[PDB]
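Lab note: Aldo-keto reductase family 1 member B1, alrestatin bound.
All chain A residue numbers match the PDB entry; in order, they span 2-315. Only this structure's heavy atoms are used, side chains among them; waters, hydrogens and symmetry mates stay out. Remember, it's 1-based here, ligands and their atoms both numbered in the order they're listed.
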Amino acid sequence: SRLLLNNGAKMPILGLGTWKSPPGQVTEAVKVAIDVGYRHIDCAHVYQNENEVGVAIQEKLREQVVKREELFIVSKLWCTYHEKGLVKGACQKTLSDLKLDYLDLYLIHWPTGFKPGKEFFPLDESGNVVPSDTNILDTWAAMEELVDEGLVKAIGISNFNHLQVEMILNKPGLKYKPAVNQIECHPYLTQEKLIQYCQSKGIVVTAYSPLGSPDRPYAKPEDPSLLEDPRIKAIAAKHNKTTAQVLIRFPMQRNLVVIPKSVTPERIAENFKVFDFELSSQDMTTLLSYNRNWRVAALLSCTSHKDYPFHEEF
Ligand SMILES: NC(=O)c1ccc[n+]([C@@H]2O[C@H](COP(=O)([O-])OP(=O)(O)OC[C@H]3O[C@@H](n4cnc5c(N)ncnc54)[C@H](OP(=O)(O)O)[C@@H]3O)[C@@H](O)[C@H]2O)c1
Ligand SMILES: O=C(O)CN1C(=O)c2cccc3cccc(c23)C1=O
Ligand SMILES: O=C(O)CN1C(=O)c2cccc3cccc(c23)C1=O
């Protein structure tokens, strides 16, 4: 139920995602998830709903349904705050909204720095994203300070390719290794090489969009759908489980942390019931064979950023 991180802490293998969870619904969603047994919530300042996630955590802490030490709360530094001097302030904003005094894990959300400002996606006159001249290593140094200051227990990365990971690992005077690399992973984007790399380095991998993000912004024509894949539905039927339950279990048996999103009480409940069954190695190998290198999150607007992560094979 929990994986051991390189800082000695233990991360729940199941977490609740909150991207696209509306402010008006996410408080009840998180209260329900905690009641059901979730102990890990995935957040980000860019999701514009951390205050409302925080209301729910505060209510369950007050009710004594959980202790603070039993929860594992994750957030992420957005791209407009990569400058050394903006990092602490961005973390503290998130702490204020979540109404906590430390985060369990704080991730660099994307490797690409953008120009600082109010816009999450700063554009120039020709409509292009304006990049920061910051690099990944100076940002890492700023994240390490947060650990020394007691604001976060662990720090990590998200959407980093193996060369960008290696860059941090070979950083002169590296004080804290990345604990976690959070990446997109599901049967259409299986990530076998990047997962084996990170895992050989003792970095825990968290799979996001495990159900294929059916509620993502654009349903772009003849779009692949994991929940509706007849081959995956067969494997669920054989196990008497739903295709969502098979999609959540799959990464767990690869020793990945998985963070399905839902604001629906019965689905939040359904997605928890994945600890009592096992997919065979045959099932696993079959699910791995469906890889089509399909990404939900390709960050196409940043394809010419100096630190765009997806030009490299893995
Ligand atoms: N680091 C990054 O760059 C990054 C990027 C993307 C995502 N993430 C994290 O990963 C989380 C999960 O990814 P995601 O939100 O893209 O999508 P996801 O979990 O793959 O899919 C969420 C969608 O599936 C529906 N759903 C949930 N359980 C279901 C079930 N049992 N049966 C049928 N449908 C089900 C949800 O609907 P309802 O909500 O209506 O129930 C929602 O529409 C995010 O919320 C976020 O926390 C991180
Ligand atoms: O281009 C794509 O494939 C999809 N995509 C976007 O279109 C995008 C636009 C706006 C904000 C973002 C923040 C995180 C991730 C993405 C974006 C992303 O992957
Ligand atoms: O970055 C994240 O964590 C979440 N995220 C995506 O992964 C994403 C992928 C596809 C299209 C998008 C359009 C707007 C915003 C986002 C996206 C966004 O915030």
Name every ligand number or chain letter assigned to alrestatin.
-> ligands 2 and 3
Provide the binding site of alrestatin (ligand 2) at 4.0 Å, counting non-hydrogen atoms only.
-> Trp79, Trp111, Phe122, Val297, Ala298, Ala299, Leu300, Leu301
Do any non-hydrogen protein atoms sit less than 4.0 Å from atom 19 (O) of alrestatin (ligand 2)?
-> yes
Protein contact to atom 17 (C) of alrestatin (ligand 2) [nearest heavy atom, distance to 0.1 Å] | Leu300 CD2, 3.8 Å
From which organism is chain A, by the entry?
-> Homo sapiens
In the protein, what heavy atom is nearest to atom 13 (C) of alrestatin (ligand 2), and what distance, to one decimal place, separates them?
-> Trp79 CH2, 3.9 Å
What is the nearest protein non-hydrogen atom to atom 11 (C) of alrestatin (ligand 2), stated with its residue, atom name and distance?
-> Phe122 CE1, 3.2 Å
Check alrestatin (ligand 2) against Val297 and write out every atom of the ligand that is under 4.0 Å from a heavy-atom position of the residue.
-> 3 (O), 4 (C)
Considering only non-hydrogen protein atoms, determine which one is nearest to atom 1 (O) of alrestatin (ligand 2) and report residue, atom name and distance to 0.1 Å.
-> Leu301 N, 2.9 Å
State whether any protein heavy atom lies less than 4.0 Å from atom 6 (C) of alrestatin (ligand 2).
-> no
Where is the nearest protein heavy atom to atom 15 (C) of alrestatin (ligand 2): which residue, which atom, and how far?
-> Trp111 CZ2, 3.5 Å
Using UniProt active-site annotations for chain A, which residue is nearest to alrestatin (ligand 2), and how far is it in heavy-atom terms, to 1 Å?
-> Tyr48, 7 Å
Any protein N or O within less than 3.5 Å of an N or O in alrestatin (ligand 2)? List each pair with its distance, or say none.
residue: alrestatin (ligand 2); atom: 1 (O); partner: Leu300; partner atom: N; Å: 3.4
residue: alrestatin (ligand 2); atom: 1 (O); partner: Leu301; partner atom: N; Å: 2.9
residue: alrestatin (ligand 2); atom: 3 (O); partner: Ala299; partner atom: N; Å: 3.0
residue: alrestatin (ligand 2); atom: 19 (O); partner: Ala299; partner atom: N; Å: 3.0
residue: alrestatin (ligand 2); atom: 19 (O); partner: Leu300; partner atom: N; Å: 3.0

